[PDB]
Structure formats: structure tokens, C-alpha cells
Chemist: 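Would you mind keeping the following structure in view while I ask a few things?
Heads up: numbering here begins at 1 and tracks the sequence. For ligands, and for the atoms within them, numbers begin at 1 and follow the listed sequence. Hydrogens, waters and symmetry mates are skipped; everything else that's a heavy atom, side chains included, is used.
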Amino acid sequence: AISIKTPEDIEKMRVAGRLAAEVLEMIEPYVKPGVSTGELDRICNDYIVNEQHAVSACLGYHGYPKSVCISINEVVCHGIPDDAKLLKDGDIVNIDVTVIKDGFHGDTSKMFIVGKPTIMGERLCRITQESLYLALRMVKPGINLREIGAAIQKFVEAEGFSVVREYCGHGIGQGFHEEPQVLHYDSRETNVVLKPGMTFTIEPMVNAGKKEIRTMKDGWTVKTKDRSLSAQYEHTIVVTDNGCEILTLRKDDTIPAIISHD
Ligand SMILES: c1ccc2[nH]c(-c3cscn3)nc2c1
Ligand SMILES: [Co+2]
Ligand SMILES: [Co+2]
Ligand SMILES: [Co+2]
Ligand SMILES: [Co+2]
Ligand code: NA
């Protein structure tokens, strides 16, 4: 559009964003060696539907068959939960949740390391999260999204890693994937000035190796071409008069929910 949310709209996004975040806090103790991604997905859907009184935006959307996306190791994104896929020590696992409540969407993802961490896994997860946080700290009215993507890329590359090009952040509200596209790297194509009341996600995908990615024969599951590890974190935000408010913050986040400039 780009769609500006009213205060009422924003309050409903606060509620959907909290619910999405709560799914991620809930699922954590279940993420252990020997659990399958299929069970994790069931637990999440059961929780969203029967405790939260909400629904998964994933389920049925363009025919997607499950309720969350679960992406392990070299899978970059859109991993499909499966009863036969079991987690094991050292795995890094992204769970991407999107909840609809009262017509509004809340979208967020985080990494989990399973059992005994490996050093590359810990590092990649930490740097990815730090790249999301740096971008969040830049959001305010007047800024251009190009600057934010540029800053993500500079940081990630300086840390020896690479930024997935083909996937980005997005506006969100009564629609799951709204304008604008929120690129996580510098592009001359990008020119979006932020205004208060915009709501969008930042969701960098970072590869320990080379940025290149291959989609699977299923035209969907995405892996890293060099089979390097890939990590992602995502938050949903609203642009405020002097900053942003994070709508999907968790107790384990180490960034304030409200960021203020001046
Ligand atoms: C579940 C179902 C359909 C989904 N379509 C998206 C998507 C489009 S651009 C970035 N993400 N993600 C999905 C997750
Ligand atoms: Co997606
Ligand atoms: Co998401
Ligand atoms: Co998203
Ligand atoms: Co360490
Ligand atoms: Na991954």
C-alpha cells in the first residue's frame, strides 16, 4: 500500500504479536534431542487454537499443510514440520510463528540450539540476533529502509558471514505479507521512507558460508548452496513518533520493547 495502522489496529497487533511471541516461549523446553519437528508443530497448533483462541496464519495459506515453519541447520527457511525428522545434539533450529487474532497478524522467529551446542551454531545464532537488534535500533520516522538493509549487511559481512538475498522482511497487519519488502542488504532499488504507524517485520537470514541458496525440488524448502549453517531471527514492530515498538518481544530478548531516539 503502504498501510498505516490506526491506534486501534496497533493495539490489536500488540495482542497478536504477544501471542506469537508466547508460542516461542512455550515451545522451548520441548526442543530437545529426540523430538521430531512434527510433534513440535502439533504442540504449537494445539496451543494457538485451543489455549490462545487464535489461529495459525501458515495453515492453509497457499496450501501450506502445517502450522509453523521449522528450519534445521542448512535449511535457510520454510522447513516443513515432519513426524519423521528428529532433532539431535548440536542442531540449530528456527521456529517461525505467525498468529492471527482479531484479524491482525503477529510474526516472529527465533533460533534454538538443541542439546550440546557447537561453536559455529552458537556464534551464528548470536551474530544473526545481533544483526536483527542493530536494525531494530535504527527504525524511526524519516529513515530509509535502504540504510537499515545496508547496516545489516555491513555488520554480518564484517563478522565473516553472508546475507540471504532472495528473502526479506515485510509489512504486516490484516494481511500476512504486505508492502513493503524489507531487504536485509544494500540495494539501490530500495527507497522507502518510514512513517509512524507502519508495521513490518525484520527477519534476517544469515549463512555461515556463502550467501547462495537453492530451493528444494518441492519448490519451497530452502537450503544453503554450500551446505553451510543458516540462521534467522524475526520481530514484528510498529514505527512510533521517535522510534519503534517491538510487538513480539520475549522474556529472553535483551533489547527493550520500546526504542526511543533524540
Ligand atoms: C507459511 C506459509 C506460507 C508462507 N509464505 C511465506 C513467505 C512469503 S515471502 C516470506 N515468507 N512464508 C510462509 C510460511
Ligand atoms: Co515465510
Ligand atoms: Co515469520
Ligand atoms: Co515474516
Ligand atoms: Co562460547
Ligand atoms: Na537453518
Chemist: Which chain is the largest contributor of contacts with ligand 1 here, and what is it called in UniProt?
Modeler: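 It sits in most contact with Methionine aminopeptidase.
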Chemist: Report the name of the drug found at ligand 1, as recorded in the PDB.
Modeler: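 The name is thiabendazole.
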Chemist: Regarding atom 8 (C) of thiabendazole: of the candidates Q181, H177, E203, which has the closest heavy atom?
Modeler: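 Residue with the shortest heavy-atom distance to the ligand atom: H177.
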Chemist: Where is the nearest protein heavy atom to atom 4 (C) of thiabendazole: which residue, which atom, and how far?
Modeler: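 That would be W220 CH2, 3.4 Å.
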Chemist: Identify the closest protein heavy atom to atom 12 (N) of thiabendazole: which residue and atom is it, and at what distance?
Modeler: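 The closest heavy atom on the protein side is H78 NE2, 3.0 Å.
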Chemist: Under 4.0 Å from thiabendazole, which other ligands or ions appear?
Modeler: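 The list: ligand 2 (cobalt (II) ion).
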Chemist: Below the 3.5 angstrom mark, is there an N/O of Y61, backbone or side chain, next to an N/O of thiabendazole?
Modeler: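 Min N/O separation from thiabendazole is not below 3.5 Å for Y61.
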Chemist: I'm curious whether thiabendazole gets near the natural ligand site - which UniProt substrate-binding residues in chain A have a heavy atom within 4.0 Å of it?
Modeler: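 Of the UniProt binders, a heavy atom is that close in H78, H177.
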Chemist: Using a 4.0 Å cutoff against the non-hydrogen atoms of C69, which atoms of thiabendazole qualify?
Modeler: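 That gives atoms 1 (C), 14 (C) of thiabendazole.
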Chemist: Tell me the organism the entry assigns to chain A.
Modeler: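 The PDB lists Escherichia coli.
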Chemist: Can you check which residues touch thiabendazole if I set the heavy-atom cut-off to 4.0 Å?
Modeler: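 Going by non-hydrogen atoms, it's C58, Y61, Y64, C69, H78, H177, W220.
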